[PDB]
J.: 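The following entry shows raltitrexed complexed with Thymidylate synthase.
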Amino acid sequence: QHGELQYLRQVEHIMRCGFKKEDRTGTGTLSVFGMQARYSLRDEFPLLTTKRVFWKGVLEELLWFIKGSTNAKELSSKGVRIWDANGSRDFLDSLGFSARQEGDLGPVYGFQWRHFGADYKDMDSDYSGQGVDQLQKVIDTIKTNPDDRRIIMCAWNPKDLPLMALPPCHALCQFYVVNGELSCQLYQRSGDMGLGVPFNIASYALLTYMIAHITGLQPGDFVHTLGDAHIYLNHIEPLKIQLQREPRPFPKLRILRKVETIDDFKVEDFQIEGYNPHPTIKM
Amino acid sequence: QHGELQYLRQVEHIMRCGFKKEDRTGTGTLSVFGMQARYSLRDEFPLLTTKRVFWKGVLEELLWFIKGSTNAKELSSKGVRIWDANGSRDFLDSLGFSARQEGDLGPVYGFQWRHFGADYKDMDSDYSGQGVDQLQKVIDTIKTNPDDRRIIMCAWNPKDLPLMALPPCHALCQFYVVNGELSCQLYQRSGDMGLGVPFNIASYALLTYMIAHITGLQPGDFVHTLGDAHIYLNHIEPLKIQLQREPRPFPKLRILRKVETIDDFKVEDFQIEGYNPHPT
Ligand SMILES: Cc1nc(=O)c2cc(CN(C)c3ccc(C(=O)N[C@@H](CCC(=O)O)C(=O)O)s3)ccc2[nH]1
Ligand SMILES: Cc1nc(=O)c2cc(CN(C)c3ccc(C(=O)N[C@@H](CCC(=O)O)C(=O)O)s3)ccc2[nH]1
Ligand SMILES: O=c1ccn([C@H]2C[C@H](O)[C@@H](COP(=O)(O)O)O2)c(=O)[nH]1
Ligand SMILES: O=c1ccn([C@H]2C[C@H](O)[C@@H](COP(=O)(O)O)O2)c(=O)[nH]1
């Protein structure tokens, strides 16, 4: 069986057994609470094929995260517009952040991952040597002690919550090692199956490939755990279509050079081979 | 059909397909990474029956949590010894906490749940009005806005980690509401299937029952997600025996009176009916 079948069976399930549940905007969804899929990272990459995934966006965003940025403009400049809406003068004002300059997303992933617990001022501030560098922490631990059951990188910070444009959908992820293979489990509190999910799977599978490469291990599995797994009421039609399609063999991700530290990774180092998806779908 | 069959199928799986993996003590285990089970809370309580669960302990511990305590002695005095070992003068010293008094577990669940982000000194300190009161937070949100997808109570605190005797096994839990029913999902980073696990399921199922009672909702489901799900190499034999037993119908949890706030709960308010488990 093809790995994508899991994601498809989930969507199929949310439609068949989900419950109508209101949205924060009032759009309306069909949801199921608590789900889980295991995507293999062994000699293949989980880039969904029944619908084209914005790969260039998942890669630029991840590097942007690793770099510890919280400025949407720095990701926008790379040709990835995904986080721009949450950075607009209009949106940041509808939440009270009036003195907060444009693009300043607040203490999001980039900040939490590298400086957990540090006092956030603005995106342009210097947090060098401040907070807990969780990203580095997990890498060190994976190297020194692989048996460790506390390899956690937590983006969810209850105290910093009031300063965020958007509370982290990916509350936390945990790494694991066995048989010289590195695995990763993500806890996604809320997931849009028609848009965000596929991209999110790619994002974390990539992170694992990166950390595995640096630690000298082989990619294992990517366990995708969900809280509120939803499908927006309008996405039902196109999704009924996508569910008809047959998944084509997953591509493979090549890391073109030998990099030593997580920060040393650049876009030219990655190569997606054989990514042959079905035509794209607007949602 | 029976809810316990899930837990049994998991143990069965960990034996059948797990991999030998070393322990922090070097005891050795058989593990699988990433697992999940859905226990129904509708008209029944998930207190496992193929082996007796220390129910009096899950209840006293939970209240102890809610009370925001981090002193092991306060739970030990109630006749629940589970957290005593981690509080001894010997253990606290083998980790460096020499000036830390006996029983002082550090900024554990009780402290994180009620005062997240506050500067921890010692168990006897006064943290009134300090930190983020997560427990209260989720209760308020469940009442005012049930559709909310951010109802999270996080015990994992990367900054306070160096002050803990034991890093929280239960990193975080998330609440959900639909059809007037309250559900809960737990993220357990590491779980011992032979001991802590069944107790852990009971603990969180109970918490849901309490919060559901207070918010005026009905208990829904308890989703149990695991990171490193293991079985110690020595528990393999007794477990092979437990797996043979047939689960008896789950008991029911009765809340004997109408309580208003989470803190108002007392031991006399709960009653387990029909808990008929298998022996030893
Ligand atoms: C309700 C909601 N659901 C989401 O999934 C969501 C996701 C993000 C961020 N995210 C992680 C995204 C991943 C992929 C995206 C997307 O817009 N893809 C477009 C291409 C636009 C571009 O060129 O930048 C597409 O699929 O056509 S957006 C922000 C707000 C959200 N809001
Ligand atoms: C290796 C290991 N595995 C565990 O599951 C574990 C659990 C706790 C804490 N936990 C939350 C526990 C739940 C139940 C417990 C127990 O000791 N039950 C006994 C004794 C109490 C009694 O029954 O009077 C038993 O049921 O026999 S201990 C502490 C260290 C651990 N260490
Ligand atoms: O990477 C992401 C980010 C966001 N979302 C979607 C899920 C919900 O549709 C919405 C978040 O809304 P709240 O749960 O924050 O209300 O964004 C995703 O699916 N993936
Ligand atoms: O409620 C609990 C508390 C502890 N443990 C067990 C699981 C592990 O065997 C051990 C903790 O080991 P570390 O994850 O800290 O290495 O305690 C449980 O299963 N449940």
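Below, read A as the first sequence line, B as the second, and so on, with proteins coming before strands; counting in each chain starts at 1. Computed from heavy atoms alone, side chains included, the values below leave out hydrogens, waters and symmetry copies. Order of listing sets the numbers, starting from 1, for every ligand and every atom in it.
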J.: Give the place of raltitrexed in the structure, all copies included.
T.: ligands 1 and 2
J.: State which other chains have a non-hydrogen atom nearer than 4.0 Å to raltitrexed (ligand 2).
T.: B
J.: What residues end up in the site of raltitrexed (ligand 2) at 4.0 Å, going by heavy-atom distances?
T.: B:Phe54, B:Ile82, B:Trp83, B:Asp192, B:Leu195, B:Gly196, B:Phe199, B:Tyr232
J.: Which UniProt dUMP binders of chain B are under 4.0 Å from raltitrexed (ligand 2) in heavy-atom terms?
T.: B:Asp192, B:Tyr232
J.: I'm curious which UniProt active-site residue in chain B ends up closest to raltitrexed (ligand 2) - mind giving me the heavy-atom distance too, rounded to 1 Å?
T.: B:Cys169, 7 Å
J.: Which other ligands or ions, by number and name, fall under 4.0 Å from raltitrexed (ligand 2)?
T.: ligand 4 (2'-deoxyuridine 5'-monophosphate)
